[PDB]
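A, B, ... follow the sequence lines: proteins, then strands. Residue 1 opens every chain. We count ligands from 1, going down the list as the structure has it; atoms in each ligand are counted the same way. Both backbone and side-chain heavy atoms feed into the values below; hydrogens, waters and symmetry mates do not.
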Amino acid sequence: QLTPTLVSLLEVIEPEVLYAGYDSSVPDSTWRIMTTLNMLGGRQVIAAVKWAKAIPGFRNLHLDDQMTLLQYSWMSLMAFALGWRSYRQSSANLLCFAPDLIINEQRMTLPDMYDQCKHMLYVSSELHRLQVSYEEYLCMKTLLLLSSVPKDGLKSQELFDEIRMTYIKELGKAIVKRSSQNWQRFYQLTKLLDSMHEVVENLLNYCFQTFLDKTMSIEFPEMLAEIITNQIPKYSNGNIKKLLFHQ
Amino acid sequence: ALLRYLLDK
Ligand SMILES: C[C@@H]1C[C@H]2[C@@H]3CCC4=CC(=O)C=C[C@]4(C)[C@@]3(F)[C@@H](O)C[C@]2(C)[C@@]1(O)C(=O)CO
């Protein structure tokens with residue numbers, strides 16, 4: 001394949017699912033779960049960073065750049081992967097957060113549960129609608145890391161773009177495998193990385209209240225603290241840029 | 001913060 005593929009790469013650099021560490025037995029509790037996802041979130045995040053530095057060209061960007069990129073698209077990446085996991089078999093749409101923390105028919109019936117899962121289901125249901133191959137998923141996964149930037153680019157913009165494209169190219173080769181009007185297939189996928197922007201949005205709107213109100217009783221690991229705290233009134237000043245494909 | 005130590009460690 002003209003030696004190691006940048007694709008067959010991310011595939012091995014792709015992280016390994018974590019366990020919620022949920023108790024189950026004690027009847028389910030809405031926040032008992034949410035608060036259980038969050039703890040888990042921070043780990044995936046952390047695991048994501050390691051996954052990022054592990055990408056070609058990433059370590060190369062100016063650190064402050066690398067530092068904000070993740071800062072933005074952590075949500076976006078957290079949700080895209082999960083969609084995959086649910087899509088992986090959960091025909092009942094079941095939200096699969098961990099190999100031990102899945103959200104079934106009736107777990108979904110819980111208080112203000114479906115009220116937010118509906119968004120996450122969007123993905124998997126969408127991914128399932130486009131039968132995305134693990135290859136394409138990997139490549140898009142990476143491209144979501146670049147879904148949004150400042151408003152004034154980065155100390156390594158030139159680089160950043162340089163890289164980005166190469167993946168937009170790696171994704172092409174990805175779609176290729178399996179021809180004809182491949183160009184439409186490309187379109188559909190491409191319009192879904194843009195969809196994520198709204199997705200990643202509603203999630204923040206729900207995540208910030210819950211992160212704020214202690215009349216909720218939900219807890220976040222420190223990881224997401226620095227990360228949330230920061231990004232909050234921050235991006236809420238239109239100081240960021242949600243990168244698109246189609247306007 | 002730690003995000004940076006993790007990033008640059
Ligand atoms: C819907 C929002 C957004 C949610 C996150 C969406 C992305 C994600 C994917 C996973 O594979 C594991 C955990 C996380 C990282 C998450 F699921 C939890 O942290 C809980 C969360 C903040 C949320 O439920 C809350 O508002 C909790 O209060």
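- According to the PDB, the drug located at ligand 1 is dexamethasone.
- In this structure the chain with most contacts to dexamethasone (ligand 1) is the one the PDB entry names Glucocorticoid receptor.
- By chain letter, those with a heavy atom nearer than 4.0 Å to dexamethasone (ligand 1) are A.
- By UniProt annotation, the domain of chain A supplying most contacts to dexamethasone (ligand 1) is NR LBD.
- The binding site of dexamethasone (ligand 1) (heavy atoms under 4.0 Å) is made of A:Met34, A:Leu37, A:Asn38, A:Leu40, A:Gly41, A:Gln44, A:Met75, A:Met78, A:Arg85, A:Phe97, A:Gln116, A:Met120, A:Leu203, A:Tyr206, A:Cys207, A:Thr210, A:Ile218.
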